[PDB]
Amino acid sequence: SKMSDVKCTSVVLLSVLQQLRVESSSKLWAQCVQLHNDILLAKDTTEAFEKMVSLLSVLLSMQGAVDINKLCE
Amino acid sequence: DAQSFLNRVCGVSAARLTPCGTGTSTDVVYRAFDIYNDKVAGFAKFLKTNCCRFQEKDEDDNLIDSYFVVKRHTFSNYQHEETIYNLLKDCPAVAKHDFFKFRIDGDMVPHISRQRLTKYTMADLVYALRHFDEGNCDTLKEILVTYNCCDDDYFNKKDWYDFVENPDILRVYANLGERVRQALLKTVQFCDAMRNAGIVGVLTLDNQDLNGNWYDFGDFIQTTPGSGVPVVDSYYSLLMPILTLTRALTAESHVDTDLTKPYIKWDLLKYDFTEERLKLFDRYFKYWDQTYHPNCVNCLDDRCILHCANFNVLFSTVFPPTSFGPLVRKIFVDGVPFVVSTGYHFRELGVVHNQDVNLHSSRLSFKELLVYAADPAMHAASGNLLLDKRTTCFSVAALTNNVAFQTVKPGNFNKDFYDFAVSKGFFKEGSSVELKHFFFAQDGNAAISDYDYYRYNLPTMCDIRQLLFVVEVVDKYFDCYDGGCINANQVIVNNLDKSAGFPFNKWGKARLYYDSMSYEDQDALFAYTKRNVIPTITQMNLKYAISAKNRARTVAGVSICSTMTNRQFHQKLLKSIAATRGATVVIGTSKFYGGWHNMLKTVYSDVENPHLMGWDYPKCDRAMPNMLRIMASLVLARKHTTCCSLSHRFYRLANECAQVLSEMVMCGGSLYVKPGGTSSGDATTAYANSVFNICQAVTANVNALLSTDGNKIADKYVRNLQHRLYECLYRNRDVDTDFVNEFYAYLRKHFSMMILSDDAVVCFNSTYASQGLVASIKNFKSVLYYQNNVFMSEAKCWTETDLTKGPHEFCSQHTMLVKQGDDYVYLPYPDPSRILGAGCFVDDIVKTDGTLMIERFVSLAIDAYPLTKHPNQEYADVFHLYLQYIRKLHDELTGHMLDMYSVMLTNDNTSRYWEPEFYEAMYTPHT
Amino acid sequence: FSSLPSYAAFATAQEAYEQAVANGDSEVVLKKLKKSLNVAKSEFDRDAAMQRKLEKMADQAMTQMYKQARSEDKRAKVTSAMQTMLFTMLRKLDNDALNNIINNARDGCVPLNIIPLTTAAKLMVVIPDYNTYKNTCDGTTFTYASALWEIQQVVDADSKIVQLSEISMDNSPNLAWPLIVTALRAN
Amino acid sequence: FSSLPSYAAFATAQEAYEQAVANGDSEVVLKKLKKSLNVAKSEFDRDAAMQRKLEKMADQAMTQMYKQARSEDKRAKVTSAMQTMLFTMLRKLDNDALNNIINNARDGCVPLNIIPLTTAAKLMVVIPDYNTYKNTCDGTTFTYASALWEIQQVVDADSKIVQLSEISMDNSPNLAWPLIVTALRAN
RNA sequence: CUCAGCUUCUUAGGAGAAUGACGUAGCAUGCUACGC
RNA sequence: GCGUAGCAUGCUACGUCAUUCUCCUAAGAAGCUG
Ligand SMILES: N#C[C@@]1(c2ccc3c(N)ncnn23)O[C@H](COP(=O)(O)OP(=O)(O)OP(=O)(O)O)[C@@H](O)[C@H]1O
Ligand SMILES: [Mg+2]
Ligand SMILES: [Zn+2]
Ligand SMILES: [Zn+2]
């Protein structure tokens, strides 16, 4: 069940980004939404995980928006 | 004998010819024909074996597109054609005939050699663009290639024929425009020639070579000079849709009509193009006998508005797009000058002028303020110009100062439900049930993109002598219901807390405008709209809904001054449609309580060899032609035979077209102009789409019945039905009520229909459809191609064969024959992916909890119950999932309530929701 | 509810029944007292029904009156708001240019679409991609609607001002399209 | 609901009824006890209807208060709930690329742009300390997001392009962190 | 953040039907007192 | 044998309380379909 667990993590990740006010960046939001829609439309799994990596990199690009240390513990 | 005959054929013209015949023998080929004689009728494709055809060669030994045809016929027709040609010689729009006699064995056989023709007559072009089949369209590829309209390899593209995939096909067709315009001019010249020469005869499409030169004079009876009667009802009417598919009149936009010279600069202040419309009509459709009123305001009935509007939808593609839309005027109200709309200039209905214009008014009551604040004159005249290059639709003004970009949220997630599902063996790797319906997010400019999707709506001219009969047949499908104008106090509006378009949404919901106006004023506004046009600003909103594809559906919220009066106009008929059972339009018939088995067994109404079919229109509202929506609004407004006069009904039609068809769409802080197509937010949308769908189906039936040969119909009732249908279309100007009823009975007995907006299920007779005596999937693809301008792929068409399984899909709900109470009934089950998506992905964040949203999983399980007997087990466990999850929700709710506030809930009413009996009671015919 | 004349009669009958029951166990006294109590109970129930009906009717009337008063207040408020909007947009349109274009109209009616096209002193061109900027409104002055417009501001999709020199094909991706460029009417 | 005073009557009269049915004294006593039991039953029935209606009202009030409170709590606590859910799902996903990128970003090795997925494209990733540089970077190769990237120009915090040979073991303290390494995919 | 249809659930109100209980009026029958 | 009152049984009408059920007006939460 490793595939259909990425199509949901991408939904949750884009919801998280949309709460960090990434909508303001009209190009960053376009890239995020394109990655989201491409993950949700992903027959394969390697492509889904690569686009998930890119979207998570968008999330981690923000310096202090999300405290990775407090959460990964 | 070959050279002696060929040498004679290549006479004084001094031409070099290659013979296509074997030994100077007749050539047999497939060719379209608009034939109507004592035996057969119909615009079909026949064999032609009466002529021997040679092809000319230019210099360098290359076959030029010019043919010497040689008809062979008895002495009588030869002598009757010699006179009629020598009497039409001086006309320049007539192929240069050449008459002679030849000896074969021992007797003379006259030959009528038509010279310098072309391979494909006009009928072939019309048929190819009119009866289009993807599998075998070789009379269209050859026509396009041989006339420089594209390259021989342009047809290697993925979808070279799809108006939706590649909109470049429009340009390839438009490259044929000049040839069609020259054909129109040459047929006008020929009609004038035969009128001045006193020849009376029928003009058929299949006699005009694609250049334009008419070449057949067989049945041309002669009379005194100056008394010719060219019958052009079956020519100018079969050539209608091709006249705007190929934009034949584009070359009328240039000075002196020359293509090379620049566009004619129409002065922007001009709005009354009546003189230009009349001049164009008298230049091209000179001998179209029926009267043409450029402004439909002075038409005669519902069947003259269609005719005049069908001509205007072609004569308005020459005039600038910046002269249509409302006409404004400065009215002084107590010394302050407004700029209010005092008319309209429709693309179809010509110029409409208000009858109640009162300059120098003193008081503005609530009704007048409502009318003025809705008109786009003030809004788009006080706004600053705007040139939006994100779309192709016209742009009027920018009400705000800077554009507003609206995004779409990605849709929340229901973690506990997904964990429960995954625990219960769901969403494994490679399972029959999987998540496929998601909440898709969109970037900033989604709304403008989905408005720009209107570029698929092209100005479509509809074959008028066929539409004026399809309208009667479609009307017979609506004769059961009753309706009329209702007073303001009989109006039923479901909920009054839904927004009121623009600009009325800036001060309250629809409740404010429905409760703040007394009934007398609410009826005075309607009586006013019945005497003048009030333009309105629609506002296009985005829809936040779960879907399997990532298009951002936009819904056209219409202003209150439009819906509030369309309701008074249409509510009676709409409720009559929604309350009638056993009719074609299944609206208001629930799928529960055995309401779907009733639908299916009403569809299977004694059709001898049923074979279900179904079609979904792609972009039903963004590609529906203006003419079809005008006709649909006419059909729903024909119940008003007593309440409203003729002019009242026309002004109601004008208001509907001003507020729905071609309006000012406020797509995100800017006023664009819709090219056309229905706004799916008005009162008559699910019922005005039903009329359009029935019109398309009936037109497919008419085309399929006519396009048959005629001698190959063994049944002698259907042959006569075809022979009478053709003459009722193109040889009758008044309604033939008895035959309309006969053909409606034929359709009901062989083409039983179940229509619901754009979702249709036909149960057509299999053998007739095989023989072409009724429609089929190809006979509907062609109709959509040449009337909707959308090629309907096989992804949106289905054709079942075993009636037991029922329709493949109707309203997204598949059907299955199942055992229930000792009898077999059809239960509708959804796509399990849709139910699981509605469970996992939810619109709001408060709904994610579930523990306080148990009245949602009950309503999902109600729709998901039928799956509980699907043969597959993963399909059938998506209902036990919901039952067990509802049980879990109830347990958790009881625990949480006990913890927070010690109150054990009263059970014995909440235990029904996790037992199948309650849900199984929802699909039994007791209620 | 100790109200209405019926309750007084009911109380008197109940007291008489209670007093006479001890004095008379059965027979004429008990029968008469029971009949009196029964008729008093019937009358009291009748009066209670009449009350619970008239009071309900009065409450429904009062709530209807409140609803009507609030409806009239909202009617007045929305009428004032619409009138103020009309007088704001009526005092904003270009009276000079608009009156000039209307004056030279034949019947006095001019199509709406040519009111802003020829009398609006501003143009908000939305550009989706750079090529469109290059081929439609290049430079600090362009020409639209047969009028010479001069640029005054070029904001991006983030509503952040973008300088004219910043826009170039090399530096096109770094921007946030579409670009909303506002231009005035330079005669 | 046998917890209200009326029920007591239901007992007493009923008790008497019991004593009557065994006794069977006469039909007049039977009628008297039937009347008493009927009046007591009507009183208890009215009381029980009132009690059940009041209990239903109280249950509705409780189940409205609970729903409102839970909705308010869930709406207010959504900024952090979403992130906790996201990282729970990511750590349960157990993918090498996501795990490696998250672990690197844990200790300040965040990327300055979206990690590209094409054949070769720019990626600027910061490096706080020499330990991370040793862990992921080596010569011209860079190991981030489980893919080899070609080091091009390690840019110091002062925008001073530092030669790779400078960064080695105990020479780091002289150089002022944090570096900004650029890299391109090497597939 | 539109038009229309359908369905589930909760409360308020109105009408009707059935059952139980109380009360008033009227009628059929049985018995004691006063009457003839 | 008949009448008045009283008691007992039965029936008709009317007025209340309660339970259940059906339908219909309205308000609220929710789902699905075009
Ligand atoms: N009535 C109605 C409507 C419709 C749909 C959704 C709504 C709505 N929320 N309000 C009002 N109307 N409405 O139904 C038609 C068809 O809907 P379908 O979902 O099949 O969409 P297409 O066929 O356009 O798209 P494709 O088939 O390419 O996926 C529309 O055009 C419109 O008129
Ligand atoms: Mg469709
Ligand atoms: Zn007319
Ligand atoms: Zn009417």
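Labels below follow one simple rule: chain letters A, B, ... track the order of the sequence lines, proteins then strands, and each chain is numbered from 1. Just follow the structure's listing: the first ligand is 1, and inside any ligand the first atom is 1. Side chains included, hydrogens not; waters and symmetry mates left out as well; all remaining heavy atoms used. We read in the header that electron microscopy, 3.4 Å was used to get this structure.
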Q: Which chain forms the chief contact surface with ligand 1, and what is its name in UniProt?
A: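 The chief partner is RNA-directed RNA polymerase nsp12.
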Q: Which compound, drug or drug candidate, is present at ligand 1?
A: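 Recorded as remdesivir triphosphate.
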Q: Could you give me the letters of the other chains with a heavy atom under 4.0 Å from remdesivir triphosphate (ligand 1)? Thanks!
A: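 Other chains in heavy-atom contact: B, E, F.
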Q: Any idea which residues from other chains are within 4.0 Å of remdesivir triphosphate (ligand 1), non-hydrogen atoms only?
A: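 By heavy-atom distance, those residues are B:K543, B:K549, B:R553, B:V555, B:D616, B:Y617, B:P618, B:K619, B:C620, B:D621, B:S680, B:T685, B:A686, B:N689, B:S757, B:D758, B:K796, E:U2, E:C3, F:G34.
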Q: Point out the residues of chain B that UniProt assigns to Mn(2+) binding and that have a heavy atom under 4.0 Å from remdesivir triphosphate (ligand 1).
A: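 Short answer: no UniProt residue has a heavy atom that close.
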Q: Can you pull up the source organism of chain B from the entry for me?
A: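 The PDB lists Severe acute respiratory syndrome coronavirus 2.
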Q: Which other ligands or ions, by number and name, fall under 4.0 Å from remdesivir triphosphate (ligand 1)?
A: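 Found ligand 2 (magnesium ion).
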Q: Quick one: most residues of chain B near remdesivir triphosphate (ligand 1) sit in which UniProt domain?
A: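 UniProt calls that domain Nsp12 RNA-dependent RNA polymerase.
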Q: I'm curious how remdesivir triphosphate (ligand 1) sits relative to the natural ligand site. Which residues UniProt lists as binding Zn(2+) in chain B have a heavy atom closer than 4.0 Å to it?
A: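 In chain B, UniProt ones with a heavy atom near remdesivir triphosphate (ligand 1): none.
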Q: Do you know what name the PDB entry uses for RNA chain E?
A: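 In the PDB, it's called Template RNA (55-MER).
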Q: What is the closest UniProt-listed active-site residue in chain B relative to remdesivir triphosphate (ligand 1), with its shortest non-hydrogen distance rounded to 1 Å?
A: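 Rounded to 1 Å with heavy atoms, the UniProt active-site residue is B:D758, 3 Å.
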